[PDB]
2 protein chains.
Amino acid sequence: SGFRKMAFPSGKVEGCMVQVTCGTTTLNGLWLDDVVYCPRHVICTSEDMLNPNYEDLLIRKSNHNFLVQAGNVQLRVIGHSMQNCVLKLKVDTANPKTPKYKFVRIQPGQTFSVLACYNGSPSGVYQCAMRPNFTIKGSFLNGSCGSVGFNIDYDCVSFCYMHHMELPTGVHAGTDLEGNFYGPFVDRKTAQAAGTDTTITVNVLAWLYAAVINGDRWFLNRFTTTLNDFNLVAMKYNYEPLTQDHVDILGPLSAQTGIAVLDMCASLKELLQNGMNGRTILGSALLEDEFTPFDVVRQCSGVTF
Amino acid sequence: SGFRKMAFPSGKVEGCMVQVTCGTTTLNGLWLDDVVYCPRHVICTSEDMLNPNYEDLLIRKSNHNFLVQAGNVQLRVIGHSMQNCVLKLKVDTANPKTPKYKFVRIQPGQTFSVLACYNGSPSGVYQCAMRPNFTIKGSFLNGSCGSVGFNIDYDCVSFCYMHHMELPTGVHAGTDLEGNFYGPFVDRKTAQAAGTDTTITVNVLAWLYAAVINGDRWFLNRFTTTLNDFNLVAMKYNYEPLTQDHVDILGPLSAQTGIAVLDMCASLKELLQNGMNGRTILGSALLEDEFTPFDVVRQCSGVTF
Ligand SMILES: *C(=N)[C@H](C[C@@H]1CCNC1=O)NC(=O)[C@@H]1[C@@H]2[C@H](CN1C(=O)[C@@H](NC(=O)C(F)(F)F)C(C)(C)C)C2(C)C
Ligand SMILES: *C(=N)[C@H](C[C@@H]1CCNC1=O)NC(=O)[C@@H]1[C@@H]2[C@H](CN1C(=O)[C@@H](NC(=O)C(F)(F)F)C(C)(C)C)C2(C)C
């Protein structure tokens with residue numbers, strides 16, 4: 001028993017992190033086979049970042065201008081190209097620690113582990129949700145760019161995020177590993193705003209299932225609802241619409257607990273209308289939306305890698 | 001910016017986890033050089049666990065009765081002994097992935113990363129505090145025993161916890177790597193109770209410093225207090241006494257923010273007496289006590305390994 005925010009074990013990603021330096025600018029890169037992937041703003045001076053022309057900056061760079069270090073070892077750069085907002089540095093050495101991997105673009109509402117890194121060295125691991133406004137609530141300082149987000153499925157690392165920048169209210173924005181931003185953000189040092197987030201309804205329901213599995217059952221009521229009536233009532237509390245796809249992915253938790261999804265929706269409706277009356281759910285005084293249905297099943301049935 | 005519950009990168013510990021099976025019973029072991037350390041209840045049938053005589057069970061075991069697997073590879077057991085509540089299995093192969101390591105006994109109020117494991121395979125990593133009642137709020141299922149807790153200091157893994165059991169209200173108990181329990185618990189399947197926990201005052205103060213560093217400052221008042229008056233007022237809220245040792249370890253955060261420790265204590269006194277008046281601190285509606293002063297500094301200044 002017990003329910004904790006849990007990250008994937010980071011080892012498979014730790015063996016892929018390198019340091020990339022171009023002139024004055026240093027950040028992290030991800031070394032897979034004989035390619036290093038890193039944020040393209042490595043080629044920028046702090047002045048260039050205010051209004052960069054990356055194509056123009058990159059013409060005036062050579063292979064040798066990129067210093068790539070795997071611990072103490074320099075990796076020789078033998079080619080370079082830009083794909084959207086990421087640089088690809090071909091190196092003369094394949095990373096012997098390359099795991100089986102895929103690049104995936106995650107959907108809003110889905111979670112991943114972040115391995116926060118500085119100077120090519122891992123510092124910490126935590127779990128994030130891709131918010132509906134295409135930001136993450138991370139923890140990143142100067143030098144963190146090129147830190148990656150990932151999921152692990154048995155032996156296979158699905159890389160989904162590379163860190164680029166911090167917005168107002170300390171939230172974070174970045175790209176997939178093809179260099180395409182999540183959300184309407186650009187890699188330019190100019191004021192940008194996230195704009196309005198929403199509560200991930202399916203994840204709140206997943207976490208209420210987690211709570212029941214752990215013996216927290218006070219919020220279960222005797223009622224059901226229609227999907228229609230639930231979505232009508234929940235809209236005013238800035239909850240995203242619950243779709244039949246969402247109901248389908250809750251099926252395993254519904255089946256395991258013998259609580260129909262629309263019965264749990266009736267309990268959620270009462271929490272939204274009445275509040276928690278000074279009670280906690282899994283130790284929290286607020287409804288939690290950063291656990292997916294898969295996150296609940298994996299932890300409350302012990303999947304390994 | 002941003003402040004997240006963050007675990008140490010797990011790779012150095014992932015390369016030490018093996019599966020140990022004795023007859024019918026399987027759990028995890030930690031392979032360092034040519035020794036495997038695991039909970040001694042691996043030698044028990046479920047019936048033996050009700051009232052075990054471990055010394056008697058172990059006499060009737062041979063080296064070959066211990067099946068140790070590192071992924072697919074069986075490690076030959078060439079010797080065995082019991083130290084308190086852990087078994088030590090000497091194997092014929094030194095673990096080539098053994099990190100620099102130490103065994104440490106952690107103090108109540110200190111944190112560590114847990115690598116939850118099943119069948120010798122890592123599943124997840126999370127952060128725990130050793131509670132003042134010598135339990136941890138973990139997430140552990142059947143087969144999790146032998147999962148370890150640790151801290152990483154540059155290259156050096158300090159192992160501090162090995163998992164043995166689950167108590168009432170889903171809290172967890174275990175040993176140091178010399179097999180000595182934290183708290184008054186025994187490895188016997190009979191009802192045992194944790195008894196009353198306390199709030200780790202120095203960690204609540206560390207987290208209020210984290211909040212200020214992140215721009216959450218509404219709770220800062222114009223007052224100071226004496227250590228004496230603070231401890232008198234806080235006692236009724238089941239906060240542990242704040243000692244001069246605790247004030248000393250807050251010094252770096254105090255120095256960094258320019259907020260004296262007793263000024264923050266005056267702010268904490270007002271939160272305890274008045275509540276949060278419907279406000280949050282770093283997104284929480286409750287005061288958080290599972291971040292050490294070191295945890296705040298490391299995250300809010302980016303230490304790597
Ligand atoms: C990469 N190492 C950093 C990561 C930042 C630093 C503080 N916390 C983080 O997550 N990335 C940057 O410094 C990027 C980089 C120029 C400016 N920048 C920003 O993150 C800035 N934010 C923005 O410009 C904004 F608002 F648009 F998001 C900053 C004010 C420094 C936080 C580039 C090329 C975008
Ligand atoms: C090791 N793999 C498990 C870990 C447990 C299983 C459920 N969650 C956990 O953390 N350890 C055990 O099963 C130990 C083991 C016998 C019984 N046991 C317990 O954890 C039990 N608890 C207690 O006996 C109590 F209350 F004293 F802590 C159980 C009821 C199964 C949770 C031994 C030898 C103690």
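Below, chains carry the letters A, B, ... as their sequence lines are ordered, and counting in each starts from 1. Numbering of ligands and ligand atoms starts at 1, following listing order. Computed from heavy atoms alone, side chains included, the values below leave out hydrogens, waters and symmetry copies. This deposition comes from X-ray crystallography, 1.8 Å.
At ligand 2, the PDB records name the drug as nirmatrelvir (bound form). Of the chains near nirmatrelvir (bound form, ligand 2), the one making the most contacts is recorded in UniProt as 3C-like proteinase nsp5.
Going by heavy atoms, the other chains that come closer than 4.0 Å to nirmatrelvir (bound form, ligand 2) are B. Heavy atoms only, to 1 Å: the UniProt active-site residue in chain B nearest to nirmatrelvir (bound form, ligand 2) comes out as B/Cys145, 2 Å. The deposited model shows a covalent link between nirmatrelvir (bound form, ligand 2) and B/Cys145 SG. By UniProt annotation, the domain of chain B supplying most contacts to nirmatrelvir (bound form, ligand 2) is Peptidase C30. Here the shortest heavy-atom distance to atom 14 (C) of nirmatrelvir (bound form, ligand 2), taken over B/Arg40, B/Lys189, B/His164, belongs to B/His164.
The shell of residues lying under 4.0 angstrom from nirmatrelvir (bound form, ligand 2), judged by heavy atoms, excludes B/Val186. Under a 4.0 angstrom heavy-atom cut-off, B/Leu27 registers as lying outside contact with nirmatrelvir (bound form, ligand 2).
Within the 4.0 Å heavy-atom shell around nirmatrelvir (bound form, ligand 2) one finds B/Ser144. Counting heavy atoms under 4.0 Å, the binding site of nirmatrelvir (bound form, ligand 2) comprises B/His41, B/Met49, B/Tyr54, B/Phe140, B/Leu141, B/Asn142, B/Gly143, B/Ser144, B/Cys145, B/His163, B/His164, B/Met165, B/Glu166, B/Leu167, B/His172, B/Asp187, B/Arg188, B/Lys189, B/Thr190, B/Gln192.
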Give every pair formed by an N or O atom of nirmatrelvir (bound form, ligand 2) and a protein N or O atom closer than 3.5 Å, one pair per line with both atom names and the distance to 0.1 Å, or write none.
residue                             : atom   : partner  : partner atom : Å
nirmatrelvir (bound form, ligand 2) : 2 (N)  : B/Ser144 : N            : 3.4
nirmatrelvir (bound form, ligand 2) : 2 (N)  : B/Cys145 : N            : 2.9
nirmatrelvir (bound form, ligand 2) : 8 (N)  : B/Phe140 : O            : 3.3
nirmatrelvir (bound form, ligand 2) : 8 (N)  : B/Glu166 : OE1          : 3.1
nirmatrelvir (bound form, ligand 2) : 10 (O) : B/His163 : NE2          : 2.8
nirmatrelvir (bound form, ligand 2) : 11 (N) : B/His164 : O            : 2.9
nirmatrelvir (bound form, ligand 2) : 20 (O) : B/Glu166 : N            : 2.9
nirmatrelvir (bound form, ligand 2) : 22 (N) : B/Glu166 : O            : 2.8

